[PDB]
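A look at one PDB structure holding gaboxadol.
Below, chain A is the first sequence line, B the second, and so on; all start at residue 1. Every number for a ligand or one of its atoms is a count from 1 in the order of the listing. Side-chain atoms are counted along with the backbone in the values below, which use heavy atoms only and exclude waters and symmetry mates.
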Amino acid sequence: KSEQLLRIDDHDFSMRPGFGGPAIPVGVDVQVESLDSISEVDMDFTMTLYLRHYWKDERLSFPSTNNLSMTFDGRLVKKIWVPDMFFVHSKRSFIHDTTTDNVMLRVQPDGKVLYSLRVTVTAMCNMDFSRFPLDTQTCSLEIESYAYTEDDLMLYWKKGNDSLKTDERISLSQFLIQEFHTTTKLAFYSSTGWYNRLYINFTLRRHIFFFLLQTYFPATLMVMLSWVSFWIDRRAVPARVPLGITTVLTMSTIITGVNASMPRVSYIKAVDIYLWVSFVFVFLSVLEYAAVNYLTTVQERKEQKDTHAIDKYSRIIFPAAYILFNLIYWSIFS
Amino acid sequence: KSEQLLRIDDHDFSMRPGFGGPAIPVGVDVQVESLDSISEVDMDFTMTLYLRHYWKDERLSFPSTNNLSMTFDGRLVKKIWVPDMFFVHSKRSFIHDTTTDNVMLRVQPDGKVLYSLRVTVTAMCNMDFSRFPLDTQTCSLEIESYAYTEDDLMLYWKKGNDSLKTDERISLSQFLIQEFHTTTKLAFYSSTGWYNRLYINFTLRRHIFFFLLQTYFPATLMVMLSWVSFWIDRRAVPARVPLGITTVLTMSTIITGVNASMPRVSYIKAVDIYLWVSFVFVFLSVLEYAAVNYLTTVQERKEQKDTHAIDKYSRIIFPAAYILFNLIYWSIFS
Amino acid sequence: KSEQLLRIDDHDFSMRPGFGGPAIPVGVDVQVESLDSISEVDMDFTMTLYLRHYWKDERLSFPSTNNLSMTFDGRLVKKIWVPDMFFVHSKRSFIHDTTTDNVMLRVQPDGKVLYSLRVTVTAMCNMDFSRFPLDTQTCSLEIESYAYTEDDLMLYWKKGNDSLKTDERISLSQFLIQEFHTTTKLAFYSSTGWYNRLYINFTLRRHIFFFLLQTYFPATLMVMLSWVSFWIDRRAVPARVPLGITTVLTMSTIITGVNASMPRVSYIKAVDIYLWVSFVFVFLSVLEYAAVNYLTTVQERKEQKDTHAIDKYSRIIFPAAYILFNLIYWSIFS
Amino acid sequence: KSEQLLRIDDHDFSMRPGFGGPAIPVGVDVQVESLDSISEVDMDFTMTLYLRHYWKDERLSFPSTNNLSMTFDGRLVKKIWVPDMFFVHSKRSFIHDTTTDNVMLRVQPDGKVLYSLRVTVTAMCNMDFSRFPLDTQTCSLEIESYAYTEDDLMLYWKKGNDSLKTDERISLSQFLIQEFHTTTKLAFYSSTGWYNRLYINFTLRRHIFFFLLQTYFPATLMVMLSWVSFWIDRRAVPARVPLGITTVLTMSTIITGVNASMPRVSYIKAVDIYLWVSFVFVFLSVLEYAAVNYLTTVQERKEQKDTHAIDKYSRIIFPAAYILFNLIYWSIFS
Amino acid sequence: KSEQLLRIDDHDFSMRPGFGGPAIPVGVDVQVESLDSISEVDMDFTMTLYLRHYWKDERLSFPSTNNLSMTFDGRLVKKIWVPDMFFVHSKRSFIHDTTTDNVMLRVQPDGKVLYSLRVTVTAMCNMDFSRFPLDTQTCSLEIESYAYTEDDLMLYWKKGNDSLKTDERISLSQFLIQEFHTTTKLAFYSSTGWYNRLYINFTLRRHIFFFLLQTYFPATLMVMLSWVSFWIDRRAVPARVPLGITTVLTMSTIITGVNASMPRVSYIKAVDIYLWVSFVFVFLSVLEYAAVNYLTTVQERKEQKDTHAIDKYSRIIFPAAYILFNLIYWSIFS
Ligand SMILES: CCCCCCCCCCCC
Ligand SMILES: CCCCCCCCCCCC
Ligand SMILES: CCCCCCCCCCCC
Ligand SMILES: CCCCCCCCCCCC
Ligand SMILES: CCCCCCCCCCCC
Ligand SMILES: CCCCCCCCCC
Ligand SMILES: CCCCCCCCCC
Ligand SMILES: CCCCCCCCCC
Ligand SMILES: CCCCCCCCCC
Ligand SMILES: CCCCCCCCCC
Ligand SMILES: CCCCCCCCCC
Ligand SMILES: CCCCCCCCCC
Ligand SMILES: CCCCCCCCCC
Ligand SMILES: CCCCCCCCCC
Ligand SMILES: O=c1[nH]oc2c1CCNC2
Ligand SMILES: O=c1[nH]oc2c1CCNC2
Ligand SMILES: O=c1[nH]oc2c1CCNC2
Ligand SMILES: O=c1[nH]oc2c1CCNC2
Ligand SMILES: O=c1[nH]oc2c1CCNC2
Ligand SMILES: CCCCCCCC
Ligand SMILES: CCCCCCCC
Ligand SMILES: CCCCCCCC
Ligand SMILES: CCCCCCCC
Ligand SMILES: CCCCCCCC
Ligand SMILES: CCCCCC
Ligand SMILES: CCCCCC
Ligand SMILES: CCCCCC
Ligand SMILES: CCCCCC
Ligand SMILES: CCCCCC
Ligand SMILES: CCCCCC
Ligand SMILES: CCCCCC
Ligand SMILES: CCCCCC
Ligand SMILES: CCCCCC
Ligand SMILES: CCCCCC
Ligand SMILES: [Cl-]
């Protein structure tokens, strides 16, 4: 029996190696397999990875006439001591178990141990959509011991920045992923003490040109089209009025569609500001012709009893104001 | 063996400490980690937290030459007595178990015990949307013993208002969170008796300006635009009619979009009242020109065989009525 | 040991109390905690409640110098006999298990037993939407023994109509709940025999005014607006034609939006009938002016080589027909 | 002890009754309780039913002074032999377990056994939507032994067509259910051999009138309305042009709404063909007036330097072509 | 007892057959039952299949007077050694367990073993939608040993390309499936070594004509309709202006609907390019008439104090440019 070579019943495996003395160091390596999904409304992401641990335990040393190691499955875990790692700020996770539990244990003749498992985790990530669609987001995954303070267990990256590997075909449907790196920091709990915590960081970005073409282009085109009325004869009322009222209707339908396609985030964003400023511009264009028509009718009635100056001034004033607004807007939001 | 220092087999752990005598006090502390989501249609919220208990049991005292404590995992729970807490008015919950069960047990040499676990819970919360989007909501989470009356188990906050801690980056996508505090109250069951119950309370609010700009602005702009027709010559029927009919169409499309974006709550809200009053105003504007045109045609036919008074009165009457309505509406709903 | 006071190993708990003789009566009480959700497409509802049982078993009597009872958790259930209740016509259910199983057992010194558990269940409910939104629905939850006929187990409400309690803040987002009561009836299975079955009944209703304002109002307003054209001069073709064609477009957009907001039920309802009758009315209004214009052009051409009678008759005929239709419709559907 | 009357430890229950000899027959009966849901996109359905088995095993015979049978729960299943049935072409299933496992076992004194359980299953069903909404679908549920060939286990319906029962109130929200019946057929696996397979069949249909009124009616009405322009004076260009352009807009909005309400199936259906033919008809109507106006302007200019024949021919040609198309279409698709 | 014929307790089943010597070969066969679903947003697919293994183990040989084999259920798996296969790049999987675990074991008298199970798996698949809807996708499923390198376990297809079978009625709602085949490749892990990996490949395609008719047809028809204005008299301003403004509105509504029906992929696709080029064409058509009207008004005013050349040139220039664009576009994207 392979389990009789290790004196399982001759040791108490309820206690850590080296109990009573200096803390036992544990090394960690991580391989990211894929990103599964992201949720903007719930502000969280899902990931699948391999987790590996390294430490030494003299109690597991066995005699040998060569240098071959023994491999075990997950059934041996319950008979020995292993680190109790958990993910911080996580919402749900589980360990794969098809066709059997995805757990492996390797023991060297001198007592070195390797412990590996395959897991999926969902973690929180606070997001800010003030500068949408030009916004940038940063995420992290956290690992910590649940019951062991730094005085008993010392947690670190096995090989520094080289302990993190990522799959070559990791990608997201609506985001670009960049700048993976790792960090460490100490955490304090008033109940027990200080703990070591490991981090994995990365950054997310959007495709700008797609959003530009979908949103900014039609509004600008509609604003430019609203200016055509300034060059039509003021005596053609049945041409002048329905032009403006149909332009307002088109702008309203565009805004409603754009709202219907965006993530349901209930606070002001930059695109909304741009759209509503364009709406206000379209509205003022109709007000202008209203004034011009009333003034012309009053003058004709008074005379009874050429280009109007308002149109001549508007032809210059409206484009200049729109250009100034664009310049300020793109200086603020880059 | 660490478990041989505690006389597990020398005691009956089916019975509470102090059985037959005064009730055993139990203290509680809670740390909120994050809010996960909220559902307005189902009226419930989800939360993740740490739960901690404190009590004393002489049966667990062990001799020691120092003052060091022993730490245990979840496997020891089934061999001893622990409080049976549960969440009241909850829909679902579970305990995290990756990479192993998130449970810890600490025993002092004098028999003091600390019991901590990490859990996610979904709880009900009745909501009222009468004053939407200006409404405010209050929520609470409840904790109670399942089988032990106050005569056997006394439940309380360990440190009063200081027993509650919240994460510094707790936030919701579409809500603002404020005013966390704790309370206690007694509950009565006719089957068994009286029980102690603990509460955790907080308040929710919306972003007003976003809803204002999305909903109230376009309706007001359309109502103001409908008034332009009063200043156009009454002899331009092909300009007067299509203006009004297109304004009605635009208002209808706006209302349909606004309905399509709101949570599916099937009873009257304030925003609906505002929108339909604006719709009625637009409708009356078309009726006005209908009357004016019929009267003018009748007068011309009678004569055959200047500004009309109706327009002159409407130019003043319509804005005043709209202002009065706004004043009453914003006095009622603040 | 508390379990040594009951002679567990001295009895066979695979057989019911009183085996071989008259059936053992069992009493039931239910407390409804909340309604969780409802699904109109799948026609089912979800509920959370406490379930309690009462019976007597002499085998569990224990000697005592006082009149105190013993309390047990769910671990004792597997060592004794308990009733095997199940929910009929249910889709899914489960028992809460945080922080431990929500089960309690109380034994009196004379052998009386109380057995309580907390459960969530989803049950079917056939619905008929013919009279939507004026429809009414009735639901029920059913409880029955799985393996025991009335000759072995007699099931009844412990205290008649007083065995049912409901929470004071039970509510649904889109429904009103009323008229809770209980009933019993016998059921027959050809495989085994007759069984007792318990019922819990309640009724559901909608908010009428919300649906009225959302649906019936705009259609009526559009039908009334379509009548304006009868009072405009027949010589203004460019005003008469686009009015009607835009009214048809507005009505079509309204119908499409109303369809987009309703539950996806694929058979005819009353609201659809009302909407399509209004659509037909709008369509006939355009046909009327088409005829009037053709007749006027023919007469002018013949003469070449005042109010038309059709308009004068239509002004009276259309409103009367619409009023008659409304009267019949609201007499049929109340 | 009831389990001591059956010599459990005196027999090997790892082997089928009659091992080494002729195959043991097993009879099956099924009672359908309800249909839970259907998914057109994923093409599958869900069902809840009772499953019952019948066979004889001499090893379970026990002496008795009467003819009473013994009833067992699911805990005895693991101690004896039972058939290993499974559902073929299924996606997921489970056995109900509230308040305990829904399993029953009945043993006669001569060794006859009845084995019943309550289960929910989701199964695949390939669907074809070519003739939607006039299409018809056929479904089936399949049952088979997992490890036993016909040489060891013979599976059949206990009572032929009478072994299938259905609930009197089984219904689906958007479908009609009819023609339940059962069949059997042999299946071959190259790995092991031949197996018996049982079938349960039924048929599904839609409500035709609802779809007719929702889809076909508005398109026909719009096509008929487009013909009005043929009877208006050709000199009223501002009435003729906007009529046609608004009719095209209305038709486009109707088609978009109809697409938005239908199941997301990405291949051509009959309703789409009808809608796009109507669209083409509307488009040709505008082209006609374009030609008429250009020809009239050319003739007036040439003369400078009555009803047009095109309108007279169109008034007859368009309705005849539409009627012919309808006749062919409804002859093809019935 | 059947398990006493195999000397279970006389062997250590924690170690592979042939331990210490050459690697043990294992053969694999797969039968695909159905495809369950696909997700374009999450880029993954689901499948159900049977998995079978073949190998030889002398430790399981038993004496026999004939050549009959013994069949076992899943309860024997835990008492012997079996290969630890797992799926690479998978998101979730599970083994069916109704009415019991779907596992079978067959042992020949000489020690040959067959091991079969039924499983459902969801796997990742990176997709590229640049050429949508004309795009093509390739997918694969991967199988590998979790703890055994090629030096200990040799994995291969049992019968080459004949080891893969597919159901005759496998289909997807919105895709066509073709070209199933298998491949093998070696993989390297720096932690342990080299591993054998098996592949299953297939290809996906769309229905082109459906997308053509739904998307490309209406845009082309609207572009062609916008050209009608070039043939109308330039003196009919109230006919010329609203035509163009309504054509722009119709095009915008079409684009919004098309966007509302497509999978939410946030980057540029070919269909978007086609739609926005058509939009630009419609916009230029309105600009043309604006210029023509201004020039005519200026000339009339100057004279005060026939066909215009712009229309004559446009009638030829616009269709030629559109044809050239179509030719280039369909040469690029085939
Ligand atoms: C809530 C933070 C300030 C947001 C400012 C938005 C201003 C937009 C006004 C648009 C007017 C048309
Ligand atoms: C149901 C509680 C009273 C709601 C009152 C709403 C009144 C709105 C009328 C709108 C008329 C256009
Ligand atoms: C299917 C049961 C009869 C439904 C009758 C509906 C009649 C509505 C006709 C509407 C015509 C515009
Ligand atoms: C893909 C199978 C043939 C489908 C034929 C559809 C023809 C519809 C043409 C509609 C033209 C407006
Ligand atoms: C992002 C890769 C290049 C995409 C090029 C799209 C060009 C489309 C322009 C449409 C102008 C109306
Ligand atoms: C904001 C004013 C709305 C009414 C303006 C009507 C036009 C006035 C022209 C003098
Ligand atoms: C008619 C004079 C020129 C009109 C266009 C002016 C554009 C000004 C942009 C700064
Ligand atoms: C509510 C009345 C609808 C018909 C009114 C038509 C206009 C009348 C002008 C005198
Ligand atoms: C249902 C008839 C459709 C064509 C009617 C065109 C108007 C005719 C006026 C005499
Ligand atoms: C012009 C005569 C009165 C027009 C309105 C008549 C309404 C009739 C409703 C019964
Ligand atoms: C003006 C002559 C009759 C117009 C309608 C003809 C309908 C033909 C349908 C076959
Ligand atoms: C398909 C042709 C589109 C341009 C036609 C413009 C009308 C021509 C009238 C002679
Ligand atoms: C000369 C006609 C000018 C028409 C107005 C153009 C304003 C927008 C220019 C892009
Ligand atoms: C009026 C001269 C012909 C107009 C149509 C020309 C089409 C050119 C396509 C290359
Ligand atoms: O309850 C606790 N007191 O400290 C810790 C926990 C859980 C997470 N590890 C540190
Ligand atoms: O069934 C009961 N009778 O009292 C209680 C319960 C459950 C919740 N604790 C108090
Ligand atoms: O299979 C059965 N034969 O009778 C019954 C069942 C289940 C539900 N209880 C009565
Ligand atoms: O793997 C198999 N070889 O034959 C069968 C199976 C499963 C389903 N029963 C027949
Ligand atoms: O952790 C590992 N080191 O090598 C492997 C694993 C898992 C998958 N098998 C090969
Ligand atoms: C009218 C558009 C101006 C854009 C300027 C952008 C400056 C970075
Ligand atoms: C016309 C808007 C009036 C708003 C008044 C608000 C008073 C608090
Ligand atoms: C025109 C509406 C008539 C409503 C009558 C209602 C009778 C109960
Ligand atoms: C114009 C509709 C004709 C319908 C004919 C139907 C023949 C079965
Ligand atoms: C105007 C459409 C031209 C299509 C050409 C296609 C060449 C393969
Ligand atoms: C829209 C503003 C017009 C101002 C006329 C004096
Ligand atoms: C805003 C334009 C004013 C023009 C004054 C003549
Ligand atoms: C819309 C009301 C008009 C009243 C004319 C007297
Ligand atoms: C409602 C306006 C009435 C005007 C009377 C002259
Ligand atoms: C819409 C019907 C008109 C009838 C003219 C005689
Ligand atoms: C339907 C109206 C007919 C009028 C006859 C003069
Ligand atoms: C729409 C086709 C018109 C043909 C004129 C000759
Ligand atoms: C398609 C109609 C042609 C008419 C010829 C005079
Ligand atoms: C739309 C471009 C018009 C150019 C006139 C010179
Ligand atoms: C783009 C058309 C230009 C025409 C020049 C006469
Ligand atoms: Cl006009």
| task | Point out each ligand or chain corresponding to gaboxadol. | result | ligands 15, 16, 17, 18 and 19
**Prompt:** Which macromolecule here is the main partner of gaboxadol (ligand 18) by heavy-atom contacts, as listed in UniProt?
**Reply:** Gamma-aminobutyric acid receptor subunit rho-1
With a 4.0 Å cut-off on heavy-atom distances, which other chains neighbour gaboxadol (ligand 18)? D, E
task: Tell me which transmembrane segments of chain D, counted from the N terminus as in UniProt, lie closer than 4.0 Å to gaboxadol (ligand 18) in heavy-atom terms.
output: none
Give me the residue, atom name and distance of the protein heavy atom closest to atom 3 (N) of gaboxadol (ligand 18).
D/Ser191 OG, 3.1 Å
### Query
What source organism is recorded in the PDB entry for chain D?
Homo sapiens
At a non-hydrogen distance cut-off of under 4.0 Å, which region of D/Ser145 contacts gaboxadol (ligand 18) (side chain, backbone, both, or neither)?
backbone
Show the atoms of gaboxadol (ligand 18) that are less than 4.0 angstrom away from any heavy atom in D/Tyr195. 10 (C)
Legend entry - Closest protein heavy atom to atom 9 (N) of gaboxadol (ligand 18), given as residue, atom name and distance to 0.1 Å: D/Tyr146 O, 2.8 Å
Next on the checklist: Test your reading of the structure: does D/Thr192 have an N or O sitting under 3.5 Å from an N or O of gaboxadol (ligand 18)?
Outcome noted: yes
To which protein heavy atom is atom 1 (O) of gaboxadol (ligand 18) closest, and what is the distance rounded to 0.1 Å? E/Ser116 OG, 2.7 Å
Quick one: nearest non-hydrogen protein atom to atom 2 (C) of gaboxadol (ligand 18), plus distance?
E/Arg52 NH2, 3.5 Å
*Which one holds for D/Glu144 and gaboxadol (ligand 18): side chain close, backbone close, both close, or neither close, with close meaning a heavy atom under 4.0 Å?*
side chain
Do any UniProt 4-aminobutanoate-binding residues in chain D have a heavy atom less than 4.0 Å from gaboxadol (ligand 18), and if so, which?
D/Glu144
- How is the binding site of gaboxadol (ligand 18) composed, by chain and residue number, at heavy atoms under 4.0 Å? D/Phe86, D/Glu144, D/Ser145, D/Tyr146, D/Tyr189, D/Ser191, D/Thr192, D/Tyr195, E/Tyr50, E/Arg52, E/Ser116
